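Consider the following structure, which contains indinavir.
Below, chain A is the first sequence line, B the second, and so on; all start at residue 1. Quick note: numbers below take in every heavy atom, side chains included, and nothing from hydrogens, waters or symmetry partners. Numbering of ligands and ligand atoms starts at 1, following listing order.
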Number of protein chains: 2
Amino acid sequence: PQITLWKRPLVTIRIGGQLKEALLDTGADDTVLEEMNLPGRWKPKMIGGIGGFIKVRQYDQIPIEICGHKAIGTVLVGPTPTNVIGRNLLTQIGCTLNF
Amino acid sequence: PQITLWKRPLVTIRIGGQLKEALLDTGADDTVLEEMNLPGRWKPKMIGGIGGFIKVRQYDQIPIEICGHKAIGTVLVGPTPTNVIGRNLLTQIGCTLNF
Ligand SMILES: CC(C)(C)NC(=O)[C@@H]1CN(Cc2cccnc2)CCN1C[C@@H](O)C[C@@H](Cc1ccccc1)C(=O)N[C@H]1c2ccccc2C[C@H]1O
């Protein structure tokens, strides 16, 4: 579809069998989701945003559905105020920016 | 133009008669640039994101050219890791997400 930017670009995603609302963020290199208990082994990691760095848990090969579009990749889990879908996943569902 | 997301969506902006590089960021509500001098009066403000809150200077009705397209709006300047063009300006140039 086509999403305008008058409002935050929120979409419904499905991960770990759960449905959530995430922001489509062309500015995020990675995907960061709110704290949740995903199964599997993970690696500790530090990611930086506008106000500094936060510690996150990196999970690989996680299937995720973004607004009815299948994708699979790395997802970082940490104390983030909102779920962020980054370029790593946006590229998979053929998402582009137009103007 | 149509921009893919395999690489960071960077563009050249012109402001104050100066050239700079910035990121098209749909996850950012506002536009924030690295510290620099902008004519006019500014008011102290604070914005937050991943990592936390930072202190910025707010300049209103600043003219800025984004990859050839003109916009006039609020520009924030402060200790940002990178220049970010937020939704306030993306909407002015008719930017949308497509997939
Ligand atoms: C991988 C990760 C997700 C951690 N990336 C980012 O946060 C990058 C960081 N870089 C920097 C970087 C840092 C370290 C290394 N390389 C690059 C600068 C740009 N952001 C992208 C931002 O789009 C993220 C959003 C997240 C958010 C949305 C709503 C509410 C809270 C948090 C963000 O920071 N948004 C805020 C925002 C941003 C700009 C202007 C105004 C506002 C307000 C607010 O919407």
Give the name from UniProt for the chain that makes the most contacts with indinavir (ligand 1).
-> Protease
What other chains contribute a heavy atom less than 4.0 Å from an atom of indinavir (ligand 1)?
-> A, B
Quick one: which of A:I47, B:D29, B:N88, B:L23 has a heavy atom closest to atom 4 (C) of indinavir (ligand 1)?
-> A:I47
Those atoms of indinavir (ligand 1) less than 4.0 Å from some heavy atom in B:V32 | 40 (C)
Show which atoms of indinavir (ligand 1) fall inside a sub-4.0 Å distance from at least one heavy-atom site of A:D25.
-> 21 (C), 22 (C), 23 (O), 24 (C), 25 (C)
So is there a nitrogen or oxygen of A:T82 less than 3.5 Å from a nitrogen or oxygen in indinavir (ligand 1)?
-> no
Could you tell me whether A:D30 and indinavir (ligand 1) have an N or O pair separated by under 3.5 Å?
-> no
Considering only non-hydrogen protein atoms, determine which one is nearest to atom 35 (N) of indinavir (ligand 1) and report residue, atom name and distance to 0.1 Å.
-> B:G27 O, 3.5 Å
Which of the numbered atoms in indinavir (ligand 1) are below 4.0 angstrom from a heavy atom of A:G48?
-> 4 (C), 9 (C), 12 (C), 13 (C), 14 (C)
Among protein heavy atoms, which lies nearest atom 2 (C) of indinavir (ligand 1), and at what distance?
-> A:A28 CB, 4.3 Å
Minimum heavy-atom distance, indinavir (ligand 1) to UniProt active-site residues of chain B | B:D25, 3 Å
What is the UniProt domain of chain B where most residues contacting indinavir (ligand 1) are found?
-> Peptidase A2
Near B:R8, which atoms of indinavir (ligand 1) are under 4.0 Å from a heavy atom of that residue?
-> 16 (N), 17 (C)
Is the shortest distance from a heavy atom of A:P81 to indinavir (ligand 1) less than 4.0 Å?
-> yes
Is there a covalent bond from indinavir (ligand 1) to the polymer, and if so, to which residue and atom?
-> none
Site residues for indinavir (ligand 1), heavy atoms under 4.0 Å | A:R8, A:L23, A:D25, A:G27, A:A28, A:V32, A:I47, A:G48, A:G49, A:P81, A:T82, B:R8, B:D25, B:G27, B:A28, B:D29, B:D30, B:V32, B:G48, B:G49, B:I50, B:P81, B:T82
